[PDB]
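Section: structure with isoflurane.
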Amino acid sequence: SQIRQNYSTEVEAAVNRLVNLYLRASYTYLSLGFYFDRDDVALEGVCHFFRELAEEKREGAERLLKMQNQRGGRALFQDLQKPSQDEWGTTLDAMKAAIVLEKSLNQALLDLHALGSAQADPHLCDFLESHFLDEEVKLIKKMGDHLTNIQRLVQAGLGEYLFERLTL
Amino acid sequence: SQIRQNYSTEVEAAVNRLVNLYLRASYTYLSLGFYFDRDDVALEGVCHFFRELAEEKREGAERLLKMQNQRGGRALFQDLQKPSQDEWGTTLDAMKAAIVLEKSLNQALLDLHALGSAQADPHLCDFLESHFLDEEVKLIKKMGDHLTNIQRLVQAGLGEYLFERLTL
Amino acid sequence: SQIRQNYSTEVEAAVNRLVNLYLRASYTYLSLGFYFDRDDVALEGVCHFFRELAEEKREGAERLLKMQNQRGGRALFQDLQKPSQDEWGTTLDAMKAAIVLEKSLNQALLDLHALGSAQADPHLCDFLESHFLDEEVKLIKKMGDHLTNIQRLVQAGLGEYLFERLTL
Amino acid sequence: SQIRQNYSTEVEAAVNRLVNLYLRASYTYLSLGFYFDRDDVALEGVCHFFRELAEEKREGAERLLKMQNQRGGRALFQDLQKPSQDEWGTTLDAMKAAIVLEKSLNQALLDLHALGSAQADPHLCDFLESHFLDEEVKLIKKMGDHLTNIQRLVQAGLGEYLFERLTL
Amino acid sequence: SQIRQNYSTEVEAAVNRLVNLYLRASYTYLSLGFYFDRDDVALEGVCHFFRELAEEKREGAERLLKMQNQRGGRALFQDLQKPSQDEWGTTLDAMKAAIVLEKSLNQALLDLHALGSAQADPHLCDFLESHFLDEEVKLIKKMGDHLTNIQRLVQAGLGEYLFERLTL
Ligand SMILES: FC(F)O[C@@H](Cl)C(F)(F)F
Ligand SMILES: FC(F)O[C@@H](Cl)C(F)(F)F
């Protein structure tokens, strides 16, 4: 590429992976959201929480794709694997699954930053710090807070309703 | 009738039945609503939910009557039977009764649409699709959602209060 | 499902397929859009055209998922295959690919409608007619119009720039 | 200096160089802009593009000078060499020259960041990341996009007019 | 001091103590607030209640310091001891600790007023009555009210969530 400068093939490849990870995460949150919209689950606030996260992850992928092009790298898309479950259990089960997923994304970001540091790619490092690293930390904190409140509330049926009504 | 075109006597008759069904449903919801206004039941949100549905069903009947005249059919009214119960039990009992009633109306709509299809009456089919079929599906979904939440909440007294307060 | 009425397993399954088709189409348009954002392609209007279509297809999938739940069917997600190309050639090549894709979606909608008709499922038929069938026809017409204008313009470089500048 | 803390003489010196580089770049863009204002060149949009870049580079130098003082370093100004050409040829020639110049500035920024990293000077690293690194990447991307469009348009006279009219 | 009139060394010294008491109380409420911000405690309303009290106590200290100077006394600051606990247990445990702390401050105010009365220092007495005595009484009443409601609510997990959601 005529514009490419200080952008390693290793980072370019890792950015394409991370795009796949973010799209997979978006797809997982789509499945989570619609599960809580089932007539036999029916927790609207939980559905909305996860549908909003699907949008956020999709937007993350799009930001990574924009940055890939800005640096002169080439987007390469792969098959998106379906989410790990078809049914997600209770709000607690779902929130546990979500925090596992976010920590997996956070670790991928951290690995990419480490790669960027090893390749002396300060633009990549700043890009990650500006748009992803703090967003992941804040989100993981919020999920941790939710998990604690859900757990405190488990008369499990009543607790799950009250959390959806009064927190989400 | 000078305006009547492609409107079978079978459909005309079935439209008069459906009007009776919708009026009966309106009357049932009137009884449900006022039961929840009793001083010894006293669930205002439940009362309002059912009184609003009484209005909606009445409006459905009126739309069917307007369409009957637009097509050149003749309204024929019959006795309206009283609702199936005088007392409706808990919110859960009442919501179960309501979903049974809505499914009965939905089936009558579907039968009428099938009749219209067999009689090649596209105006009837569109009329049903525009004003009734989707409205029934959405309402039945909402009642299903409510039933699930009520069931999750059954410390039955506390649950019933919380549902009325925080959902209805 | 407590709400399920007149909703065949065949339609439920076909709705899940169609969701996969719409998500695949969204992913294809994401790849198309970002290809035209490459520094060595650099056609902003083409990029925006396809990114908007990615959003529209995603929204279609979401509407199908909402309807699935409203009817008491169960969402089942599958792997999403990657788009058919990594690089999309010229605006003309891309628009040809897009119209092929839209016709494939349109045919899937038509097949689903035929299935609904055979299963006497008027709610499905109306749902498709209200939110998808006319939208597909209008979009395919617009792409046809674009294809004709692109073709007329092929001094191919100059033509492609002018189309992006003055139409897109 | 009474305020100086963790600010190496190597960085201070490199900041003075970079100021000279940014001022030289501002001067180059001044020459580019006024060349396109010649009555025998007469491409107003190209002139404006380069005059705006002259302002941006001057502002970059001023930000570096402000930071130098904030850290307790001492500005040292050197002769500013005249631009590499007196006449800049076509829009394409000029845009090629501009991207070469921007890549040279970007490399100087990257070298300075590497120096800051080796000297453990996190304030310098953040300063560069906040105000320069992303700005260079975005600008180089935009020039790459322009180069591609100019090249596609080369009936060279007609192409150059159309680019100036419809992009710049 | 040129302005000092009717201001005993005993009162001046006791005012410096009280400043230390108010600052210690501010520090205690800072620790309480951030404990309830822990991901494994996660009671936002409780955190906010205590952070607001930290601000109020700090402001009390500042008012005492302003009055000290107005009277011609001399501020003398001492080490601020860390709060009595690192972890504060439940909302109930924390509210009990808070009311103990407020009663300790109230007693210090009362002692200071008694000192002022014995020293015939009416300005001090009015100062205390205007800005502190009623504020302490109102706050202690509110905490008592909260303690009663928390106690009534102890299904301890559910109670603690509901108090935070619906009172704080
Ligand atoms: F197909 C993609 F563009 O969107 C993905 Cl994330 C999907 F999950 F919504 F399917
Ligand atoms: F003389 C400088 F202040 O401005 C430089 Cl940058 C010039 F290029 F405009 F001359």
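Below, chains carry the letters A, B, ... as their sequence lines are ordered, and counting in each starts from 1. All values below were derived from every heavy atom in this structure, side-chain atoms included, with hydrogens, water molecules and symmetry-related copies excluded. Start at 1 and go down the list; that is how both ligands and their atoms are numbered. Partial entry shown, contacts counted within.
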Item to check | Chief chain touching isoflurane (ligand 1), naming from UniProt | outcome: Ferritin light chain
Checklist entry - Which other chains make heavy-atom contacts with isoflurane (ligand 1) shorter than 4.0 Å? => result A, C
Next on the checklist: Any chance you could list the binding-site residues for isoflurane (ligand 1)? Cut-off is 4.0 Å, heavy atoms.
Outcome noted: A:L23, A:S26, A:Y27, C:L23, C:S26, C:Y27, C:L80
Checklist entry - Per the PDB, what organism is listed as the origin of chain C? => result Equus caballus
Item to check | Contact bool for atom 4 (O) of isoflurane (ligand 1) (protein heavy atom, d < 4.0 Å) | outcome: no
Checklist entry - Taking only heavy atoms of A:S26, which atoms of isoflurane (ligand 1) are found under 4.0 Å from at least one of them? => result 6 (Cl)
Next on the checklist: Show the atoms of isoflurane (ligand 1) that are less than 4.0 angstrom away from any heavy atom in C:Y27.
Outcome noted: 1 (F), 3 (F)
Checklist entry - Looking at A:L23, which atoms of isoflurane (ligand 1) are within less than 4.0 Å of one of its heavy atoms? => result 6 (Cl)
Checklist entry - To which UniProt domain do the majority of residues of chain C contacting isoflurane (ligand 1) belong? => result Ferritin-like diiron
